[PDB]
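Below: the structure, in structure tokens.
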Amino acid sequence: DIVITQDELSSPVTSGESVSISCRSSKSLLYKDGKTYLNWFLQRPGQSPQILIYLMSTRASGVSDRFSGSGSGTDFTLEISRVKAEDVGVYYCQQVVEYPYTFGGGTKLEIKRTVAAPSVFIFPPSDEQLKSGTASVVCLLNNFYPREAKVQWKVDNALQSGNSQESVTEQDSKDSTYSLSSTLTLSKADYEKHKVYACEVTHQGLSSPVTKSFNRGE
Amino acid sequence: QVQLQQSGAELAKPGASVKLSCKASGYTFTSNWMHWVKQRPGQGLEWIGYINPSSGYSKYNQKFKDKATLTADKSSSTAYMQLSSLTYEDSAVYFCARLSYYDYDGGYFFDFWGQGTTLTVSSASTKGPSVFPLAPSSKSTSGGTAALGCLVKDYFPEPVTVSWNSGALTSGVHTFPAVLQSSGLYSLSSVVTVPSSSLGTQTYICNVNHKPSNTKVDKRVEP
Ligand SMILES: C=CC[N+]1([C@H]2C[C@H]3[C@@H]4CC[C@H]5C[C@H](O)[C@@H](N6CCOCC6)C[C@]5(C)[C@H]4CC[C@]3(C)[C@H]2OC(C)=O)CCCC1
């Protein structure tokens, strides 16, 4: 079988800059007819792969003229001339010169953009959840850049530890931001023993930490 | 509209079998070979095989020759993949993809893909989610916009899907990656931002599916 190798990461790029993604095969993909049987796909977050290039350098249907391909028998390059927001995702090369078809491990592309502060939003637990004996408090950081952020929970001004979990979206394909959820989980008993619930966020887009809070039952 | 549509996510026990479907519409099913691809995190993509739906003959990656069995039903325009003697290594997203060929340049490639099917192989029992509102309030407004959402708690296995207003609301939606809780169950939130002006007259419902447990729920989210 042919082994196809790519780099895991591409050095992030700013909108309008060029980028170059490489792929290599353990055997030549140049056939006797002079054509090279290498395809490029882009998989956007949550979606199926979509064809970009076939025969090493032909653009498929509806593929931006910013994409182009080249290479030898065994070394290949996908070139994005003027990168845009919607290019974000994982790029895969695939050889189809022989069965079995084989793919590279994929190259994630992230885009760099201007620093952007999170909008911070806080959500008390639902009465419905409380009835069942747990409280989940949710803090949302919407549409920020870069991805690094710190979210600390304070209950009646005590810093919380070990009772929260975070999750972050992949880079948005229109505005190149991230969003992040922080969920604090308490028993109904513990929730009802305290008053002030606060989410404190530190981020480079913020002069100083923003705190969003509520009082239980307000 | 040429499209491929795959069966929903499944849980199966070690040693059992599953049969995944791929319905083709918008073209003559028998005209295009149907391929299947496996995807796991940090394992890239692996090619499984293809079937010629006109002839019924299928061809495999040697690695999958004992795992996968491809069939096709011409009357229902549906391709099937059976996965046998399941193990934890079979937990993955599986795609179908159609092959096209262009006689004018000799090019061939996968032009249309299914949306994928998640398979989890585990001895643990399924559990459908509890769905709670993330209610819009003054604590979730900014400008003349408000955030609201649904908390989708305590399910197994992955995945859930979340739509808003049956797919009419897509702009501003962020459905977060699931997190594994200490309990061994998953949880996620889906959020959206809307006009604060709209909170009095516009209904917001999250439509939550958990195909592995064969469950669905709608949750109205009120201020
Ligand atoms: C090794 C030699 C084979 N090569 C090619 C040659 C390719 C064939 C060329 C002619 C095509 C006619 C047919 O109508 C096509 N349709 C059938 C219905 O479904 C949609 C597509 C597929 C078709 C049979 C191609 C399938 C893939 C074939 C075997 C390719 O081989 C592989 C491994 O993919 C590889 C390099 C170039 C020659």
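Residue numbering restarts at 1 for every chain, and letters A, B, ... go by the order of the sequence lines. Just so you know, ligand 1 is whichever comes first in the structure, and atom 1 is the first atom listed for that ligand. Going by what the header records, the deposited coordinates were determined by X-ray crystallography, 1.7 Å. Side-chain atoms are counted along with the backbone in the values below, which use heavy atoms only and exclude waters and symmetry mates.
- Short version: main partner of ligand 1, named per the PDB entry, is Fab-IP8 Heavy chain.
- Among zanubrutinib, rocuronium, pacritinib, inobrodib, nikkomycin Z, the molecule seen at ligand 1 is rocuronium.
- Chains touching rocuronium (ligand 1) with a heavy atom below 4.0 Å, listed by letter, come to A, B.
- Protein heavy atom closest to atom 30 (C) of rocuronium (ligand 1), with residue, atom name and distance, is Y108(B) OH, 3.2 Å.
- Summarising the contacts of atom 12 (C) of rocuronium (ligand 1) with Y101(B), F109(B), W33(B), the nearest heavy atom is found in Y101(B).
- For rocuronium (ligand 1), the polar-atom distance check against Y37(A) finds no nitrogen or oxygen pair separated by under 3.5 Å.
- Residue-ligand proximity, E98(A) to rocuronium (ligand 1), at heavy-atom distances under 4.0 Å covers atoms 33 (C).
- Short contacts between rocuronium (ligand 1) and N32(B), defined as distances under 4.0 Å to a heavy atom of the residue, involve ligand atoms 19 (O), 20 (C).
- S31(B) counts as a contact of rocuronium (ligand 1), since one of its heavy atoms falls under 4.0 Å from the ligand.
- The molecule name in the entry for chain A reads Fab-IP8 Light chain.
- For rocuronium (ligand 1), the residues with any heavy atom closer than 4.0 Å are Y31(A), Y37(A), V96(A), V97(A), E98(A), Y99(A), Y101(A), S31(B), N32(B), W33(B), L99(B), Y101(B), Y108(B).
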